[PDB]
Trainee: 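Context: structure of ceftriaxone in complex with Probable peptidoglycan D,D-transpeptidase PenA.
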Amino acid sequence: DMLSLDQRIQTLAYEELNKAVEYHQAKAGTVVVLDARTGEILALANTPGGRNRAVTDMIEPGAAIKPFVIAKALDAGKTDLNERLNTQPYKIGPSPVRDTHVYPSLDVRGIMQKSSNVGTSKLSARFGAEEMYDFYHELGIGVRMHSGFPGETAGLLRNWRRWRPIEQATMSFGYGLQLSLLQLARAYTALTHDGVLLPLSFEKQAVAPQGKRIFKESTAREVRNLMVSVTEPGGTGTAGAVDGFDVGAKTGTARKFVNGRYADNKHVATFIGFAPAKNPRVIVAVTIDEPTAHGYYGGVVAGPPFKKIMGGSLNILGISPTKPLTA
Ligand SMILES: CO/N=C(\C(=O)N[C@@H]1C(=O)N2C(C(=O)O)=C(CSc3nc(=O)c(=O)[nH]n3C)CS[C@H]12)c1csc(N)n1
Ligand SMILES: [Cl-]
């Protein structure tokens with residue numbers, strides 16, 4: 001049998017996912033676990049029972065898309081690692097562009113670490129609309145996965161000719177475009193596989209299949225290091241840190257679109273990360289739908305199951321820790 005599924009990881013993922021969903025009294029949840037070098041899908045878990053939401057359900061990614069805007073800006077030389085960007089909030093007409101805190105300025109590392117919508121939108125604004133549209137398209141947004149499961153759709157990437165000026169701003173921190181958790185996890189292979197986006201596979205891969213280069217290898221390596229700051233003190237994703245490893249991750253918290261408004265009530269909490277951060281072996285992605293108890297942010301809600309799924313996955317795959325254990 002040549003199937004990529006690993007039953008121990010799949011069982012680990014399902015149990016931790018259901019604990020998190022129950023503890024936060026959430027409506028639903030999904031997990032994807034990938035081989036970070038080949039794109040093999042090691043686990044897909046969904047709750048409550050029924051359809052494969054990891055493949056079928058399109059979500060807005062929120063700040064989980066920010067790593068790719070930051071990488072693109074660095075890759076194209078439109079920013080660097082020492083620029084400090086004014087990150088004061090502002091508005092375009094009625095629409096605000098603001099962070100949860102007012103940071104007067106941040107470098108690119110701070111934009112990632114703090115999850116600055118303002119910083120990301122200003123980096124994105126250095127590109128034209130059609131450029132960015134093509135960029136989201138080559139990340140696979142709007143491109144069907146052909147996983148073999150029914151109910152799968154391509155996702156949403158609106159035509160660039162219809163973008164209002166505010167739209168390109170808000171798309172850069174995860175508004176307006178839609179993708180499945182599988183498409184989102186797939187995009188993170190461009191960061192783990194040294195700039196090369198992988199197709200993903202449900203069968204064991206003897207080699208890493210031929211991918212498509214999105215970023216230079218140096219860009220991917222620098223961005224992975226920025227993402228380690230997310231799980232260290234000062235970042236939004238400390239709940240996902242794993243003993244004996246450096247973890248690059250990104251949190252996301254998206255207001256749900258109820259009828260015709262973005263609810264300040266209901267949220268989707270996402271945590272996606274990879275380890276070992278220098279030479280990744282595993283990607284773990286977790287999305288918790290509408291938590292109602294014990295917090296609703298991505299770090300607090302989906303961070304804890306990420307940490308237990310990642311740590312156990314590395315243990316199951318025999319990945320040696322890169323630094324002394326302290327737990
Ligand atoms: C509620 O805001 N709605 C947004 C949006 O701007 N989301 C951004 C995003 O991904 N965010 C994240 C985060 O990184 O988790 C955060 C997390 S900050 C945080 N994390 C904790 O774990 C914690 O205990 N406390 N705090 C303060 C701010 S909302 C923002 C949105 C984007 S698309 C969409 N439909 N909604
Ligand atoms: Cl490859």
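All residue numbers in this chain count up from 1 along the given sequence. Indexing begins at 1, ligand by ligand and atom by atom, following the structure's order.
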Trainee: So, about ceftriaxone - where is that in the structure, copies and all?
Mentor: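 In this structure, ceftriaxone can be found at ligand 1.
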Trainee: Is the closest heavy atom of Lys250 to ceftriaxone under 4.0 Å?
Mentor: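 Contact check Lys250 vs ceftriaxone: positive.
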Trainee: Hey, is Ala254 touching ceftriaxone through its side chain, its backbone, both or neither, going by heavy atoms under 4.0 Å?
Mentor: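 For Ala254, backbone and side-chain atoms both sit under 4.0 Å from ceftriaxone.
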Trainee: Is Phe173 close to ceftriaxone, meaning an N/O of one under 3.5 Å from an N/O of the other?
Mentor: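 Such a contact does not occur with ceftriaxone.
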Trainee: Could you tell me the residue and atom name of the protein heavy atom closest to atom 29 (S) of ceftriaxone, and the distance to it rounded to 0.1 Å?
Mentor: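 Going by distance alone, atom 29 (S) of ceftriaxone is nearest to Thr100 CG2, 4.0 Å.
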Trainee: Give the contacting part of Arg255 toward ceftriaxone: side chain, backbone, both or neither, where contact means a heavy-atom distance below 4.0 Å.
Mentor: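 Answer for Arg255: both.
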Trainee: Examine the proximity of ceftriaxone to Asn117 and report which part, side chain or backbone, both or neither, has a heavy atom under 4.0 Å away.
Mentor: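 It is the side chain that touches ceftriaxone; the backbone stays farther off.
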Trainee: So which protein heavy atom does atom 5 (C) of ceftriaxone come closest to, and at what separation?
Mentor: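 That would be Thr253 O, 3.5 Å.
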Trainee: With respect to atom 31 (C) of ceftriaxone, which of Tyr297, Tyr175, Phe271 exhibits the smallest heavy-atom separation?
Mentor: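 That would be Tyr175.
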Trainee: Mind listing the residues near ceftriaxone? I'm using heavy atoms under 4.0 Å.
Mentor: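 The heavy-atom site around ceftriaxone is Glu60, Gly62, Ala63, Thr100, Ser115, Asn117, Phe173, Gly174, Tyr175, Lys250, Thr251, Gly252, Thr253, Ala254, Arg255, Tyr262, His267, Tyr297, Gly298, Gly299, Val300.
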